[PDB]
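What follows is a model of Cyclin-G-associated kinase carrying bound gefitinib.
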Amino acid sequence: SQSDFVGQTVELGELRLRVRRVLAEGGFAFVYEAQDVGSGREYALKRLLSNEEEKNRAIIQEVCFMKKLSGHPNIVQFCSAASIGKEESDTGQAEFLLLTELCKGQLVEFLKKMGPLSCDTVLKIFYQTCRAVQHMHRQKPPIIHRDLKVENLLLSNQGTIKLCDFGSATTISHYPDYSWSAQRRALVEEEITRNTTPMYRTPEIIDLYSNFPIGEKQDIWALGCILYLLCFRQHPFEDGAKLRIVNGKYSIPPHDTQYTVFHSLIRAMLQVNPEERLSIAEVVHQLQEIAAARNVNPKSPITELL
Amino acid sequence: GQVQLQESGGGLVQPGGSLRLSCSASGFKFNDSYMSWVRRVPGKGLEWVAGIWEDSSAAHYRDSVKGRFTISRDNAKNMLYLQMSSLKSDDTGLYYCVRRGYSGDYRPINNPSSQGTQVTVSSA
Ligand SMILES: COc1cc2ncnc(Nc3ccc(F)c(Cl)c3)c2cc1OCCCN1CCOCC1
Ligand SMILES: COc1cc2ncnc(Nc3ccc(F)c(Cl)c3)c2cc1OCCCN1CCOCC1
């Protein structure tokens with residue numbers, strides 16, 4: 001049992017980790033809180049037991065991505081990883097161990113625990129998120145997260161935001177072409193819908209006859225929805241109406257005076273055509289000018305959430 | 001749950017001198033908790049100093065205090081202790097005891113709830 005794994009001591013290189021708690025249940029791979037008996041340092045440990053080579057190469061690519069993104073203040077710090085051959089495993093299930101730094105918890109958790117959020121709070125939250133994405137798009141080749149939601153935003157022990165789950169990421173861009181046959185468009189949409197959830201789908205992955213590019217601009221749409229959620233406490237496409245996503249039909253609260261400064265960014269990130277959406281660099285620049293004109297350091301720890 | 005931690009034993013101490021901190025616990029199971037001492041150094045913030053396993057099988061310290069400090073515990077009385085020796089001016093701070101350990105670069109998991117005890121390493 002994945003729950004009876006608590007109390008076990010896992011050896012990972014020089015580390016001898018005691019499994020203390022269950023942090024998350026993903027069905028395929030639990031996430032545990034682990035503590036080294038030789039140093040006392042605590043970690044988060046992801047453990048995959050699977051034979052399916054699709055999940056295996058997924059977590060292998062997941063590891064390589066984190067090593068590339070290591071050292072960034074807004075991305076969760078990679079520690080170590082190891083895999084055990086199916087032949088040599090204890091249960092005869094191929095074992096993969098993924099170890100990263102331990103955070104305080106999910107942003108969502110520390111959100112509902114605390115009237116509404118001030119503009120300075122939303123500014124720090126969103127800016128530190130966009131810095132993480134910016135660092136991913138800066139790589140060679142660029143890294144596209146594709147699974148950007150508030151559930152994947154963590155709050156560090158320092159009080160800053162850390163982006164965490166990179167299992168869905170990719171470095172391949174897809175450009176629907178004249179040479180794309182009618183059934184190729186059909187097969188691709190199936191593959192996307194089986195790996196996605198309605199409310200998080202983008203216009204470019206719903207209509208595959210629009211010839212919209214499917215790449216980096218996906219994240220900007222996701223960031224656009226995040227900023228909306230941070231302000232108005234709801235997803236702009238929560239109900240999952242695919243008719244409203246493709247047509248970009250959402251509604252900013254009519255008489256909202258509190259988050260007026262963010263209306264320009266929301267409208268500019270939620271553009272149906274990816275080629276009309278702001279780049280990640282343009283997003284950061286506008287945020288920095290908002291922070292400068294509000295006398296706020298956007299990289300500073302968010303004490304309100306602590 | 002209610003967590004009640006209370007530190008004491010600090011005060012004005014001289015460089016190269018010694019001191020002995022203590023902490024009482026209640027409202028949780030002290031026998032099922034990795035216990036740590038953390039300090040709040042002025043101009044630096046919070047940092048992890050020392051830690052001990054729930055069964056005292058392992059004791060951990062930060063590099064700047066190894067060999068000089070000694071942590072211990074008594075589960076029967078729910079008491080945590082820190083024996084400090086060869087105190088340097090850098091050891092000056094506000095000391096707390098917390099549950100669980102740390103992450104990354106000596107950054108504590110649990111951010112103090114108690115008032116803590118003051119430790120001042122001064123040459124009078
Ligand atoms: C103490 O709180 C956490 C610290 C964490 N520190 C680091 N990483 C986390 N998640 C995570 C995410 C993806 C990964 F690949 C790995 Cl290795 C770890 C963490 C998740 C944590 O909590 C998980 C949140 C899932 N909760 C579980 C309870 O119900 C609401 C959903
Ligand atoms: C939220 O997750 C996704 C979003 C996606 N969003 C857009 N496109 C995807 N794939 C894709 C693949 C081929 C194509 F030609 C095109 Cl156009 C798109 C996506 C794939 C996604 O998941 C791919 C598989 C990720 N899992 C992670 C762990 O389990 C095994 C692999």
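Just so it is clear: chains get the letters A, B, ... in the order the sequence lines come, proteins before strands, and each one is counted from 1. As a basis for the values below, the full set of heavy atoms in this structure was taken, side chains included, without hydrogen atoms, waters or symmetry mates. Whatever order the structure lists them in is the order used to number ligands and atoms, beginning at 1. How was it done? The header gives X-ray crystallography, 2.5 Å.
- The letters of other chains with a heavy atom under 4.0 Å from gefitinib (ligand 1) are A.
- Using a 4.0 Å heavy-atom cut-off, the binding site of gefitinib (ligand 1) is formed by A:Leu23, A:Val31, A:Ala44, A:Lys46, A:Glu62, A:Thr100, A:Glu101, A:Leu102, A:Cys103, A:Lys104, A:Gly105, A:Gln106, A:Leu154, A:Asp165.
- For atom 4 (C) of gefitinib (ligand 1), a protein heavy-atom neighbour is present inside the 4.0 Å cut-off.
- Within chain A, the UniProt active-site residue with the least non-hydrogen distance to gefitinib (ligand 1), rounded to 1 Å, is A:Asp147, 9 Å.
- Most residues contacting gefitinib (ligand 1) in chain A map to the UniProt domain Protein kinase.
- For gefitinib (ligand 1), the atoms lying closer than 4.0 Å to a non-hydrogen atom of A:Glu62 are 15 (F).
- Heavy-atom contacts of A:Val31 reach the following atoms of gefitinib (ligand 1): 18 (C) (cutoff under 4.0 Å).
- Of the other ligands and ions shown, none has an atom under 4.0 Å from gefitinib (ligand 1).
- There is a protein heavy atom less than 4.0 angstrom from atom 7 (C) of gefitinib (ligand 1).
- The protein heavy atom nearest to atom 24 (C) of gefitinib (ligand 1) is A:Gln106 OE1, 3.5 Å.
- Here the protein heavy atom with the shortest distance to atom 1 (C) of gefitinib (ligand 1) is A:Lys104 O, 3.4 Å.
- Of all the atoms in gefitinib (ligand 1), the ones that sit under 4.0 Å from a non-hydrogen atom of A:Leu154 are 6 (N), 7 (C), 8 (N), 9 (C), 19 (C).
- Protein heavy atom closest to atom 25 (C) of gefitinib (ligand 1), with residue, atom name and distance, is A:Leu23 O, 3.7 Å.
- Ranking protein heavy atoms by distance to atom 12 (C) of gefitinib (ligand 1), first place goes to A:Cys164 SG, 4.0 Å.
- Nearest to atom 13 (C) of gefitinib (ligand 1) among the protein's heavy atoms is A:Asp165 OD2, 3.9 Å.
- By the 3.5 Å distance cut-off applied to N or O atoms, A:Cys103 is counted among the residues near gefitinib (ligand 1).
- Of the protein's non-hydrogen atoms, A:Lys46 CB, 3.4 Å is the one closest to atom 17 (Cl) of gefitinib (ligand 1).
- For atom 29 (O) of gefitinib (ligand 1), the nearest protein heavy atom lies 4.0 Å or farther away.
- The protein heavy-atom contact nearest to atom 2 (O) of gefitinib (ligand 1) is A:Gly105 CA, 3.5 Å.
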Write none if no such pair exists; otherwise list each N/O atom of gefitinib (ligand 1) with its protein N/O partner under 3.5 Å and the distance.
residue	atom	partner	partner atom	Å
gefitinib (ligand 1)	6 (N)	A:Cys103	N	3.1

